[PDB]
Asker: 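Working on a deposited model featuring Orladeyo. Questions ahead.
Sequence positions for chain A are given in the PDB entry numbering; the residues included correspond to 1-115, 200-313, in order. No hydrogens, no waters, no symmetry mates; every other heavy atom, side chains included, goes into these values. Indexing begins at 1, ligand by ligand and atom by atom, following the structure's order.
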Amino acid sequence: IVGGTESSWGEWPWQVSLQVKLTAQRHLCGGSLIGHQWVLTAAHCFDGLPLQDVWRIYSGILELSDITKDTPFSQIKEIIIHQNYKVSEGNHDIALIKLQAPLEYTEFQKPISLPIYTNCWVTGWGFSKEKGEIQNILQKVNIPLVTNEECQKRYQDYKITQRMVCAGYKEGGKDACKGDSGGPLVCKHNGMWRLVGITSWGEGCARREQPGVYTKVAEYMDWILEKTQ
Ligand SMILES: N#Cc1cccc([C@@H](NCC2CC2)c2ccc(F)c(NC(=O)c3cc(C(F)(F)F)nn3-c3cccc(CN)c3)c2)c1
């Protein structure tokens, strides 16, 4: 997150860290807890995939530095990458993770509701600048959506589809960045947070007139419901 501030304990209880344990353990992506056994993330977060075991999913956490062996984590039972996801294109950037064991809901660990907006927040432990590093304390930033027309105007080299939503400022300075991928874009509807986007990509981070591009969750609701039951 570029241009954001430190989150507080319990503030974003659906935010998870998707980490890989090889020799060292590292955070690769965010995700959003959407049910007791279900995490929603970006398909591109699995572009290294075939490496067997080695995924640990952390929920109810604020600070990556306070992860020890004592820190509980979830394990992956199943990954469902959208059928139309292609590594070479940037389309359909969405995946579900079935956890091996259900997580309980608490004030620290609970799901974002699923189903045009200024009051939107992007969160994660990604870079706070393009030549950046993974952040310790979960960052938050308030960013308005832009129309698809406006976003497409900014990205002549790419196809911005009806299944994408964009968020950014004309003069940049606030954006998601590398390592935020797969985490939430939430917006306030009628006193309640809804998952509007999944952090996907952009031309760098926080550049003027280069907004963040998100997977538009509303356009995948049939696929999310079908795959989860
Ligand atoms: N349609 C389409 C399409 C076609 C080809 C490539 C891409 C896209 N990569 C594959 C998509 C996700 C599956 C793409 C295109 C152009 C780009 F410049 C990038 N780059 C990034 O994204 C990117 C680079 C960096 C960093 F600077 F840190 F290295 N961070 N980031 C990033 C990471 C997260 C958020 C955002 C939103 N500021 C940015 C990514 C998209």
Asker: So, about Orladeyo - where is that in the structure, copies and all?
Answerer: ligand 1
Asker: Name in the PDB entry of the chain with the most heavy-atom contacts to Orladeyo?
Answerer: Plasma kallikrein light chain
Asker: Which residues lie close to Orladeyo, i.e. with a heavy atom under 4.0 Å?
Answerer: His44, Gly90, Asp93, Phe211, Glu214, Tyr242, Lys243, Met248, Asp259, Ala260, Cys261, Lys262, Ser265, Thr283, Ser284, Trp285, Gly286, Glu287, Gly288, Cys289
Asker: Can you find an N or O of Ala290 that's nearer than 3.5 Å to an N or O of Orladeyo?
Answerer: no
Asker: Out of all atoms in Orladeyo, which are within 4.0 Å of some heavy atom of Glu287? Include the element for each.
Answerer: 16 (C), 18 (F)
Asker: In Orladeyo, which numbered atoms sit nearer than 4.0 Å to a non-hydrogen atom of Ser265?
Answerer: 33 (C), 34 (C)
Asker: Return yes or no for this condition: an N or O of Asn91 is under 3.5 Å from an N or O of Orladeyo.
Answerer: no
Asker: For atom 15 (C) of Orladeyo, what's the nearest protein heavy atom and its distance?
Answerer: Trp285 CE3, 3.4 Å
Asker: Considering only protein heavy atoms, which is closest to atom 26 (C) of Orladeyo, and at what distance to one decimal place?
Answerer: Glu214 O, 4.0 Å
Asker: Give me the residue, atom name and distance of the protein heavy atom closest to atom 39 (C) of Orladeyo.
Answerer: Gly288 O, 3.4 Å
Asker: List every atom of Orladeyo that sits less than 4.0 Å from any heavy atom of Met248, numbering the atoms from 1 in the order shown and giving each element.
Answerer: 1 (N)
Asker: Give the residue, atom name and distance (to 0.1 Å) of the protein heavy atom nearest atom 6 (C) of Orladeyo.
Answerer: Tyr242 CE2, 4.2 Å
Asker: For atom 10 (C) of Orladeyo, what's the nearest protein heavy atom and its distance?
Answerer: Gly90 CA, 4.2 Å
Asker: Around atom 17 (C) of Orladeyo, find the nearest protein heavy atom and jot down its residue, atom name and distance.
Answerer: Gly286 O, 3.2 Å
Asker: Which UniProt domain of chain A dominates the contacts with Orladeyo?
Answerer: Peptidase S1
Asker: Could you tell me the residue and atom name of the protein heavy atom closest to atom 32 (C) of Orladeyo, and the distance to it rounded to 0.1 Å?
Answerer: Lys262 N, 3.8 Å
Asker: How far is atom 25 (C) of Orladeyo from the closest protein heavy atom, and which atom is that?
Answerer: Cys289 SG, 4.0 Å
